[PDB]
Each structure stands twice: as C-alpha cells, then as structure tokens.
Amino acid sequence: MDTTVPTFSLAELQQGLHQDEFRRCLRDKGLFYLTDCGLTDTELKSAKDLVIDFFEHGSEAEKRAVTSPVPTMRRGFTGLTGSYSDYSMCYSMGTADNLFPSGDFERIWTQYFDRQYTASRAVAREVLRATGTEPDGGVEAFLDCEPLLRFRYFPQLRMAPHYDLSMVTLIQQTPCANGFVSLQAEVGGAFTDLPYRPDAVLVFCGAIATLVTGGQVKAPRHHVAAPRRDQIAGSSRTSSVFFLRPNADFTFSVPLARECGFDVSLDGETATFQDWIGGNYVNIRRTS
Amino acid sequence: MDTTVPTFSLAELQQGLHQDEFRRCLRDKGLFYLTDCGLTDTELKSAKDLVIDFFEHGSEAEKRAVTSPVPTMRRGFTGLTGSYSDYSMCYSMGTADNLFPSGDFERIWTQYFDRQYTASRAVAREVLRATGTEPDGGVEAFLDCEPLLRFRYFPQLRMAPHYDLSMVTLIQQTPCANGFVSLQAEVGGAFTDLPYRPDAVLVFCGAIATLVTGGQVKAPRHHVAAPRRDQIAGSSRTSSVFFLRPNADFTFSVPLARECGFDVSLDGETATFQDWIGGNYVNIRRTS
Amino acid sequence: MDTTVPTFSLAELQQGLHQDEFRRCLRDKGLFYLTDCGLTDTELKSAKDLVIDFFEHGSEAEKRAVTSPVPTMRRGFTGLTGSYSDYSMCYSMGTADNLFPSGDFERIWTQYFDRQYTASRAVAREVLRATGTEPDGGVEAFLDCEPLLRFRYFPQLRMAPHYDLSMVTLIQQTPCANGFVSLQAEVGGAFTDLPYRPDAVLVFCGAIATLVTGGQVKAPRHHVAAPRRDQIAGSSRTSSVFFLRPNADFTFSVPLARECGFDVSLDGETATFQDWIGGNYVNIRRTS
Ligand SMILES: CC1(C)S[C@@H]2[C@H](NC(=O)[C@@H](N)c3ccccc3)C(=O)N2[C@H]1C(=O)O
Ligand SMILES: CC1(C)S[C@@H]2[C@H](NC(=O)[C@@H](N)c3ccccc3)C(=O)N2[C@H]1C(=O)O
Ligand SMILES: CC1(C)S[C@@H]2[C@H](NC(=O)[C@@H](N)c3ccccc3)C(=O)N2[C@H]1C(=O)O
Ligand SMILES: [Fe+2]
Ligand SMILES: [Fe+2]
Ligand SMILES: [Fe+2]
C-alpha cells in the first residue's frame, strides 16, 4: 500500500471520475482530503475571525448569554484558580437551537454551517453511491440528519486516539505558526500527518459509514499530538469539526452489523441508532 | 456578576423570602449553601464518628460482611501489594437494601440518611416552585425517588471536573486540619473555593434540575483539588455526598431537552430517564 | 480468611467433590484456578505459536486482510510516528464471523476456541449448580451465549482496576521470562499475585454470575501491573482471555439485581441484559 492520504475533487467524483480509486480509498483508508466542495479558506478565515474575537474579547456576561445551562458542548460557548477555558474554548452549533453572540456572528456562522452541512451531505452521497448503498428509508431521509459543528481554539496528547461515530466528519484546521502538524491518523498501520491544506477539507469516515455500507468503508483511528518544546512556541491551533450524525431512528440489520465488527448486544434482526448507542449522542469511541 | 457563592436559609425560602435572589442564583450559578435545613454539624460528627471507627478499626471479616458482591459503591463498604482502600474508603446507603455493621451504626445512619433525604426533597421543592415547574406526574411523585448517599474518607486532582446528573446534590464536608480547600466549582468562568461551613450544607444543582425546569437551572462543573506539599501534611478529608436522583420512569419532553443543551438521540416526543441514561444510574458526567 | 487463591479440578467438582469449599470460594473470593478442564499448556503453546508468528512476521497486507473496518477488537487483528501496535497487538475470535490469516491458523484457533468455550460452559454449569441457580429460560439456553476470545501480546499499570461483566472469564497466560507477576486481584482486601500455572486456567467470576445467582458469587476486582526497571528486561507477556458473555435476551429480576448491589435504573420487574448494558457489549467496568 501507498500510505499517502489521497485527495479527491468533489466535483470530479460527482461526474463519475476516479470511481475505483475512491472506492479503494474508502475500504483501505477511510480518509481523504476533498477539494471543489464549496469550502474556501476565505470563509474559514471569516467565521474563524469573528469567533476568535468573541473568545478573546467577549465579556463574562456575553459568554454567559450564549452558554447552555448544562455544559454539553452542544450549542454555544464552552470555556474548556483559573478556568476550564485555560486549556481551550469551544463554539458549537447545529441546524437549530443555536446561541449566537450577535446578528453579525449569526449571519456569518449560519452561512458557514450551511456550507459545511451541504458539503458533508454531498460527500456522503458519494460514499453511498460508490458502495452501492441504499440506507433503509432511502438516501435523502438518511442524510437529513443531526449534524453538529464544533470549533475549538487550543492555546499553546491533546486528543487521545479514537474513531468517530459519524457517517462522515469534515475537518478544517488552521496551521500552527511554527509548522507543527498536530492531527494524525493511522494509515497502513502507522501514524500519518494530516496537515492543513488551504484548498481542501479533511474527511474522516466514521463508524456509521462502516455500518450503513455493510463494512465497505473503514473508520480510521486518529489523535491530536502535542509539540516537543523546540515546537511549543507558536503551538496554538484551531479546528472546525463537522459531524454528520444519523437520526435516532436510522435503522440497520443486526446480523450485518455483527459481520463488520460491531460487538452489538441487540436482540432480533433490525435496530435503530438509538437502540445501539442509547439516548445521548456519542461522537467518538476508543478501541480500549 | 458577583461570583460569590450565596447562602440561603431553607426556612426563609419556604416563607417566600429572597425569591429573585434564589431564582437568579439557580439560573446563573446553580449552587449555593443552605442553612436552616435540619443538618447540624453535631449529627454530621455523630455519623462521621461511627463510620470512621468502622473504617479504621473494623476487621476484614466485618468489612466483608457489609461489602456487596459486585463492587458498585451502591450499598455498604467499598475499600477504594496493598489495597484499593489505600487511596480512599466509602460507605453507601439508600432508602433500602442497606448493609449496616451493627445496630448502633444502623440507628445513627438511618436517622442521618433520613435528615439528608428530607432536606434534599425540601430544597428541590423550592427549586421547582421558584421556576414554576410541575414535573410530569406531579411534584411529590417526582421527589419520592432513588437517592444515594456516599460518605468518602480520603487519606493524606482527586476528582476530575464534572457536573452531577442528579436533581440536586447535598454535600457535607469535614475540613482539612491544615486549612486547604479541596472542593472547587466554576462560578463566573473561574474556579471558586467551596469550603466547609459548620452551619450549612452545599447544594449543587444537577442536570436533572436543568432538564425538568426547561433550562432555568444551571448544573455547574466542579472538581476536587489536591494540595501543594506545603499543604500535604494534614490534607486528609471526608465528604458526605447525597444524590437526589429521579425514578427510571421520570418523563420529560424531548424537544424541550434539546432546547437546553441536551444532545439527545431520542426518537419521538417524550422520553424517560431510563431512555436517556440507560439501565444503570450514572451519577456524574464530564464535558469531554 | 485464608487469602489463598484456591485451585479446583473441574473433573472433581463435576463428581460432587469439594461442594462447600467451592461454594465458599465463589461467595468470598470469586476467583480460582481450574485444572482437569481440557486446557493444556501444549495447546496454549500451539495457538500461541501460530499467532505470535503472525504478529511478528505477517505483512501489512496480510494484517489488513484480517482487520475489521471498525477498530472494535471483536474479530481479527488489532494493532494496538509509529503505530498503535507499538504498545500491544490483539487477535480476537468468536463462534462465527471470524477472520483467519490462513487455513492452518483457522484449524488451530478453531480447536483452541472450542476447548475454551467448552471449559467455560462447564465451569459455569458448576457455578450455577453450586448456588442452586436456574436462569430464566433454563441453563443450557443461558450458556449457549456470546463468547469472545482475545489474545493479547504485550511488549516489554498496563490495565486499570476493573471487574468483568461476564458470567465467567478464563485466562491463560504465558510467564514473563524474568519472573515478574503482572496479573493481580483483590483477595481479602489486598492485591494477590495471579501467576501462570502450566497445568491450570485462572477463572474470574464476572458480574453476570453475581446477577444470575442472586448475589451468591463475588465479581472481584483485578488489574495488570507493570515492572520496576530491575524487572523491565524480559517483561513482555501474553494472555488469552475468554469472556463467557450472556445473550442480549438474558432476563433477570430487577428487584433481585438491586438486592445485590446493582445500581439499576430499570422500570418494572424484569429486564434483559440489553436493557441493562445497552446495545453494545461492555466487557469490563471500573468501581469509579
Ligand atoms: C478528531 C476529531 C475529528 S473528532 C474530535 C473531537 N470531538 C468533539 O469535540 C465532539 N466530541 C463534540 C462536538 C460537540 C459537543 C461535544 C463534543 C474534536 O473536536 N476532534 C476532531 C479533531 O480534533 O479534528
Ligand atoms: C463532587 C460530588 C458532589 S459528586 C462526586 C462523587 N460521585 C460519587 O462518588 C458518586 N458517583 C457515587 C455514589 C454511589 C456509588 C458510586 C459512585 C463524589 O462523591 N463527589 C462529590 C464530592 O466530591 O463532593
Ligand atoms: C483482566 C482481564 C481478564 S479482562 C481484561 C481485558 N479486557 C479485554 O481486552 C476485553 N475488553 C475485550 C475483548 C474483545 C474486544 C475488546 C475488548 C483483557 O484482555 N484483560 C484480561 C486480562 O488482562 O487477563
Ligand atoms: Fe475524531
Ligand atoms: Fe459532583
Ligand atoms: Fe478483567
């Protein structure tokens, strides 16, 4: 195996190009960079700009006003002697129930969310087409789902190894000033760098892609590294992480789940996502 | 915001005093000290006395006889080369299925439990009244619930940051001989000391208060710190932690849950506590 | 209490010998070594031989071909700059859906699995008989279940303290060249060594034995230690861990569960294993 993380143009895939390369990428790697999907650096920088201003310059009171009463990191702001936000701050959003610091932030972030949600649906549609997969209930009902967007600022592991439990996850990063590459994934049994690319988004396949396709798609393990010390000046970083997550009522075959590695304890022949994961979303999982 | 942790007299709240102060405390802080609730230092010391004697002087055989066959810390004693109890010992009780080292311990601990359970119900009734909340099924059925009391001796973080998943949690501590203040909570985005007060109990609102009230009550994050070394002589401590926990069949609105931050994966319009958390109680949660 | 970990011959127990000793062992310890159960060192070495050859000498491509697309450690190979397998490698199997590196490996490992599954059922039948226990639905339907076998190579804690959630767990180890004893369990409130025995398998009772027997069987806590440094040359080791796990539909009394320490949040009077643990198997649990 070439252990190179590939790149695909969404526009080209949608035109039927690179069918074998894409399908083998999904089976053997389960991650790739995606160009030509409507996600520019320019917009990343505009959404990034307005939230970073809020993180640095918003007051305790303004933060409070967009903090959920339970600290779940589902919507709004999460700071996370001193503060939980010493380590990192988060801003989360979905298709509704959002908490916005102002009308300007709302306009920018709604647009950014919608662009990520469209791209995510679109790449997912290609993963399903590439694998000949018709979800129970059909493709469009499956993709009209329960996305979660989290943007996270890290001051100068960071994140332990895990796989995602999404259909797909779209990641936009900003680079470390000092060049350190924090995001890593297992490819060919070894940890491969996943650097910022100004022209592309990183796609990880998650365990729901494995499930829905009957095991035709790998859900790779990945983690976020921390610098040496030679590299701990200018080591701060941000990431925009978009989880395309199924509806609670997403239904699948139990015997099929078993065949691809899922250690289910489910009686009978079909089950729902809620049956499997329970009554709260679980976005990530460790192999341990 | 004043980030002072307030104190309320339960007797005064029950007479309708400090309505605005209490309601704003619940919304903006979700914790407070409570006086005038039937919980003296004297009784803490009497229950504390008899269990500490058991911890230090009870034999392996006497410990065994009040240890559950599965090490869940639900009832009885939990020790928790050498032993799991090197780090800490626990004594747990509920409204039934209790394991008591003797008739004297049973009398003292039953009375102590009942006083904490009454106070917990009583403060919870005030939180519900303050927020205009009628639980599905009514107030009294909601409060006749599944409490758990755990008393824990810590030898000289200790507890990672979390919020509780109770309606309310009542905490009585004994101080460190050397003055160190181990319990901390986020208030105004910063870690505030929560010291022993001889005349008062500390109340944390938990995520069930947030849920049942439709988001009118904050569930604060809190953690237990460890000394410096200048403060690691005389750093042992004890805490009595009373979780007022809903019945499995406690029913709530799914859309309402979503509106206040709960990242539910629940199909349809109502759900039960068992639907949400699953078939075992989960007492605490991290934001991570 | 004698805190010696006892040994029983399965053949003798099946003939009705040592009834009191066995029953008191289950109640007070919940672990023992088992001889005369069809599990030789010779076979351990033959299954061990062929998998260790695969771990050291199988290629990336051959590993890939027996790796599940989701990294669950349910079937096949789990490696677990550099690799997740730097720390340890795993090989997992069940009664079906297995992934085998070759016809020779398959023959050897199928036979090894079957021998462990037979021994596990057989010792479990004795635990149930010793405690006068008839599972809902009868003994044989209960024991025709969902086993999982994991073989794990550890290079030179390792495993945090936990109890198992199996009916029983059978452990075959190979020793450290340097004599260090990694596996430890709580017996008499203290950590007792559990060394390799060439003629015997180690049996841990799990929480399902506690549950099904109404609390007549202890589920002990255990952990895997790491050497000093004087003992970190020749500290690598392997273990074969067989979990005899109930069917999803295993049914028990909720009030009875409560009586023995299980902190269930289950409405009504009976429940299933799936109700209690959820839709994925959970093999181990910490007291924390
Ligand atoms: C590696 C990842 C793709 S998944 C991981 C992590 N996951 C989350 O925050 C997610 N659990 C979350 C969303 C909303 C509320 C609570 C929590 C995240 O972000 N990391 C991404 C990254 O580092 O690139
Ligand atoms: C911060 C807290 C209010 S909640 C936290 C912790 N929680 C538990 O022990 C509880 N999970 C438990 C009860 C019974 C059986 C198993 C476990 C506890 O005690 N700490 C309190 C404290 O330190 O003041
Ligand atoms: C102490 C133990 C008896 S249980 C513990 C651990 N558990 C597992 O690997 C098990 N969770 C597993 C099986 C399959 C897929 C995912 C995970 C294991 O192995 N250790 C044994 C040991 O060290 O002797
Ligand atoms: Fe991830
Ligand atoms: Fe707590
Ligand atoms: Fe174990």
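Read the sequence lines top to bottom; their chains are A, B, and onward. Per the PDB entry, chain A residues shown: 1-80, 91-166, 178-309, in order. Shown for chain B, in order and in the PDB entry numbering: 1-80, 91-166, 178-309. Using the numbering of the PDB entry, the residues shown for chain C are 1-80, 91-166, 178-309, in order. Atoms within a ligand are numbered from 1 in the order they appear, just like the ligands themselves. The figures that follow rest on heavy atoms only: side chains count, while hydrogens, waters and symmetry mates do not. Method reported for this entry: X-ray crystallography, 1.5 Å.
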Trainee: Help me out, what's the drug found at ligand 1?
Mentor: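 The drug there is ampicillin.
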Trainee: By the name used in UniProt, which chain has the largest number of heavy-atom pairs within 4.5 Å of ampicillin (ligand 1)?
Mentor: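 Greatest contact count: Deacetoxycephalosporin C synthase.
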Trainee: Please list, by chain letter, the other chains with any heavy atom under 4.0 Å from ampicillin (ligand 1).
Mentor: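 Going by heavy atoms, that would be A.
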Trainee: Provide the binding site of ampicillin (ligand 1) at 4.0 Å, counting non-hydrogen atoms only.
Mentor: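 Heavy atoms within 4.0 Å: A:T72, A:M73, A:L158, A:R160, A:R162, A:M180, A:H183, A:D185, A:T190, A:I192, A:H243, A:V245, A:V262, A:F264, A:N304.
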Trainee: Does the N or O separation between A:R160 and ampicillin (ligand 1) drop below 3.5 Å for any pair?
Mentor: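 Yes: some nitrogen or oxygen of A:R160 is under 3.5 Å from one in ampicillin (ligand 1).
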Trainee: In terms of atom number and element, which parts of ampicillin (ligand 1) are under 4.0 angstrom from non-hydrogen atoms of A:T72?
Mentor: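 With A:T72 as reference, the close atoms of ampicillin (ligand 1) come out as 15 (C), 16 (C).
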Trainee: Taking only heavy atoms of A:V245 into account, list the atoms of ampicillin (ligand 1) that are under 4.0 Å away from them.
Mentor: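 So the atoms of ampicillin (ligand 1) that pass are 23 (O).
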Trainee: Any idea what organism chain A is from, going by the entry?
Mentor: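 Per the PDB, the source organism is Streptomyces clavuligerus.
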Trainee: Using a strict cut-off of 4.0 Å, indicate which atoms of ampicillin (ligand 1) neighbour a heavy atom of A:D185.
Mentor: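 Answer, ordered by atom number: 3 (C), 4 (S).
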Trainee: What are the atoms of ampicillin (ligand 1), with element, lying closer than 4.0 Å to any heavy atom of A:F264?
Mentor: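 Atoms satisfying the 4.0 Å criterion: 4 (S), 7 (N), 8 (C), 10 (C), 12 (C), 13 (C).
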Trainee: With a cut-off of 4.0 Å, which atoms of ampicillin (ligand 1) are near a heavy atom of A:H243?
Mentor: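 Answer for ampicillin (ligand 1): 1 (C), 2 (C), 3 (C).
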Trainee: Heavy-atom contacts with A:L158 under 4.0 Å: which atoms of ampicillin (ligand 1) show up? List them by number with element.
Mentor: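 Reading through ampicillin (ligand 1) atom by atom, the close ones are 13 (C), 14 (C), 15 (C).
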Trainee: With atoms numbered from 1 as shown, which atoms in ampicillin (ligand 1) lie under 4.0 angstrom from a non-hydrogen atom of A:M73?
Mentor: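 Listed by number with element: 14 (C), 15 (C), 16 (C).
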Trainee: I keep wondering which UniProt domain of chain A most residues near ampicillin (ligand 1) fall into. Any thoughts?
Mentor: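 The answer is UniProt domain Fe2OG dioxygenase.
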Trainee: Can you list the atoms of ampicillin (ligand 1) that are under 4.0 Å from a heavy atom of A:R162?
Mentor: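 Counting from 1, the qualifying ligand atoms are 5 (C), 6 (C), 7 (N), 8 (C), 9 (O), 18 (C), 19 (O), 20 (N).
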